[PDB]
Amino acid sequence: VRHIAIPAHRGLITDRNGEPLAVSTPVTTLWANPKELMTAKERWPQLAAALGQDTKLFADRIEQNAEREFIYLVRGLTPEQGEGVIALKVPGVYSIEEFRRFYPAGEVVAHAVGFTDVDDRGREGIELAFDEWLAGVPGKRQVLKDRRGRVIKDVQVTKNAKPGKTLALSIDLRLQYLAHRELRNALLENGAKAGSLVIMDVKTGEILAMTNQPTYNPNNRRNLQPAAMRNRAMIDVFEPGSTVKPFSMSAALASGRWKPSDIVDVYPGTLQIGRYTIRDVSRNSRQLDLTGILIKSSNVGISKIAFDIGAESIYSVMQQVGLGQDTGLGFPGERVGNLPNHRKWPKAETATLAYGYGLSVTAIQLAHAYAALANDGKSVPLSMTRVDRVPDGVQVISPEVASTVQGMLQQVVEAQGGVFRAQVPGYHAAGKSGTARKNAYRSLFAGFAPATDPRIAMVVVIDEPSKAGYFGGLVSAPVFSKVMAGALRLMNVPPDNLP
Ligand SMILES: *C(=O)[C@@H](NC(=O)/C(=N\OC(C)(C)C(=O)O)c1csc(N)n1)[C@H](C)NS(=O)(=O)O
């Protein structure tokens with residue numbers, strides 16, 4: 001190299017409405033030529049003190065690099081801080097105009113946006129995922145230096161730096177601040193270890209919000225534990241439990257063998273399958289209709305329906321909605337989980353599959369699956385970027401079966417003995433709670449609203465609640481309520497629970 005790199009301007013990242021999320025800010029990097037510094041030793045303590053370096057340790061560094069023509073002194077100073085060191089007129093001290101990322105929303109979109117390294121290269125999240133679009137191409141400038149390495153002049157701009165391109169994400173910052181605030185509050189209120197909240201636009205496949213606890217400030221790195229950096233909604237796999245019962249119910253209704261008014265005997269609240277024992281949470285029931293199986297969240301009831309229709313029909317619905325399937329988002333470190341398949345399904349595996357014990361999914365996958373159901377059984381491909389021209393979508397559940405299932409889920413929320421904490425002020429909502437044993441628990445709520453013209457699907461995951469309450473309908477459902485209520489207002493969704 002007789003040339004020095006011209007860092008290009010990194011692409012602006014914004015939310016869906018142009019709110020900046022990642023801003024390339026001008027910084028100044030100082031470098032020095034030790035062969036020039038070696039003839040100006042009486043200036044070193046002044047230069048050391050301006051750099052925040054120890055006098056002797058700085059002098060040692062120069063003396064050791066004496067034959068080298070380039071050393072970095074300090075990186076990423078404000079243009080003002082850098083201009084101050086240049087003003088000392090220390091022979092052989094030079095500056096390079098660089099760029100450093102600033103994240104205006106900080107810890108609020110840390111996991112989605114990600115961050116760049118010291119070299120301004122995308123290391124996590126969107127920054128990495130879209131690195132090629134955002135980076136552009138670094139320029140080149142030919143220099144003239146005497147034999148001592150002293151930079152005389154810039155000969156030419158060999159290759160002009162081409163700046164990065166802007167990126168508008170699908171994230172609505174208002175919804176993102178709202179989900180972030182409320183998930184933080186739920187974590188603190190319950191003494192919970194971690195959590196995730198995902199908001200989906202059921203019509204466009206857009207991820208409107210994706211927040212996780214714990215989080216970190218991407219602007220102030222240093223000391224950061226791995227727990228805080230984990231983009232949980234995409235990288236944490238979990239058993240979805242009772243939240244998959246709507247999909248087992250879709251298979252039952254699509255079979256031709258079941259209707260909502262159908263009865264299933266669940267007495268005495270247990271069912272033995274060889275050495276394994278299926279157990280219901282509440283065990284004071286005998287005959288339950290299909291809606292009552294979802295309200296009471298009966299594992300016995302769903303297991304018996306699964307035996308009637310066969311696991312192959314259930315697996316097919318769960319596979320089609322995307323449970324344990326690749327999202328198609330080339331998102332760094334995103335997990336696929338697992339949807340177990342069998343050549344021939346045994347009795348025990350049929351039952352555990354129908355109630356979500358036999359499977360691992362992400363909160364993104366669960367939200368996408370509820371979006372398909374909410375969107376009249378049609379699955380629109382997921383997007384982390386703003387969707388202007390919406391792709392076609394795949395019909396994964398018949399519209400009639402999807403409509404019936406939506407109605408039962410509105411009853412789960414609105415009916416006697418139902419998930420009353422998930423109710424949305426002034427709207428009809430629909431959803432299903434889940435509680436998974438990890439005793440350590442995972443508290444879930446999945447749902448959508450308005451129930452009469454769905455617009456939003458949402459998943460709330462609260463990992464390890466440490467207070468008396470651990471059930472999803474008690475821990476996660478009130479989060480869904482507050483966030484959904486706020487999001488429908490922000491999106492000008494007309495209330496459908498009109499007096
Ligand atoms: C569905 O989420 C249903 N969950 C279960 O039956 C599971 N365990 O239940 C509890 C937490 C009571 C237990 O300690 O046994 C379960 C499913 S997958 C898994 N790994 N554990 C709960 C009962 N329904 S909800 O609607 O009340 O949340």
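Numbering of residues begins at 1 and proceeds along the displayed sequence. When a ligand or atom number is given, it counts from 1 through the structure's own listing order. Worth knowing before you read on, the calculation uses all heavy atoms, side chains too, and leaves out hydrogens, waters and symmetry mates.
The name given to the drug at ligand 1 is aztreonam (open form). Lab note: main contact partner of aztreonam (open form) (name per the PDB entry) = Penicillin-binding protein 3. Only the side chain of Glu239 comes within contact range of aztreonam (open form), with a heavy atom under 4.0 Å; no backbone atom does.
If you look at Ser297 next to aztreonam (open form), the close heavy atoms, those under 4.0 Å, all belong to the side chain.
Within a 4.0 Å radius of atom 10 (C) of aztreonam (open form), the protein contributes no heavy atom.
Among the atoms of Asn299, some N or O lies under 3.5 angstrom from an N or O of aztreonam (open form). According to the deposition, the covalent link from aztreonam (open form) ends at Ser242 OG. Proximity of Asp280 to aztreonam (open form), defined as any heavy-atom pair under 4.0 Å, is not found for any part of the residue.
Residue contact check: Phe471 has heavy atoms under 4.0 Å from atoms 12 (C), 27 (O) of aztreonam (open form). Under 4.0 Å from aztreonam (open form), the heavy atoms of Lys432 that appear belong solely to its side chain. Short contacts between aztreonam (open form) and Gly434, defined as distances under 4.0 Å to a heavy atom of the residue, involve ligand atoms 2 (O), 28 (O). Counting only heavy atoms of the protein, atom 21 (N) of aztreonam (open form) lies nearest to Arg437 N, 3.3 Å.
For the ligand labelled aztreonam (open form), residue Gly473 lies outside the 4.0 Å heavy-atom shell. At the top of the distance list for atom 28 (O) of aztreonam (open form), counting protein heavy atoms only, stands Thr435 OG1, 2.6 Å.
The nearest protein atom to atom 26 (O) of aztreonam (open form), hydrogens excluded, is given as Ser433 OG, 2.7 Å; this is a heavy-atom distance.
Lab note: binding site of aztreonam (open form), heavy atoms under 4.0 Å, is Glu239, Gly241, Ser242, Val281, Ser297, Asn299, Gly356, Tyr357, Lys432, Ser433, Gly434, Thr435, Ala436, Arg437, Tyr441, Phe471.
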Under 3.5 Å, N/O to N/O: give me all the pairs between aztreonam (open form) and the protein, one per line with atom names and distance.
unit_1                : atom_1 : unit_2 : atom_2 : d
aztreonam (open form) : 2 (O)  : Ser242 : N      : 3.0
aztreonam (open form) : 2 (O)  : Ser242 : OG     : 2.3
aztreonam (open form) : 2 (O)  : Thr435 : N      : 2.8
aztreonam (open form) : 2 (O)  : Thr435 : O      : 3.3
aztreonam (open form) : 4 (N)  : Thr435 : O      : 3.0
aztreonam (open form) : 6 (O)  : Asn299 : ND2    : 2.9
aztreonam (open form) : 14 (O) : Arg437 : NE     : 3.1
aztreonam (open form) : 20 (N) : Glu239 : OE1    : 2.9
aztreonam (open form) : 20 (N) : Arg437 : O      : 3.4
aztreonam (open form) : 21 (N) : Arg437 : N      : 3.3
aztreonam (open form) : 24 (N) : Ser242 : OG     : 3.1
aztreonam (open form) : 24 (N) : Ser297 : OG     : 3.0
aztreonam (open form) : 26 (O) : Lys432 : NZ     : 3.1
aztreonam (open form) : 26 (O) : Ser433 : O      : 3.4
aztreonam (open form) : 26 (O) : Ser433 : OG     : 2.7
aztreonam (open form) : 28 (O) : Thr435 : N      : 3.2
aztreonam (open form) : 28 (O) : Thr435 : OG1    : 2.6

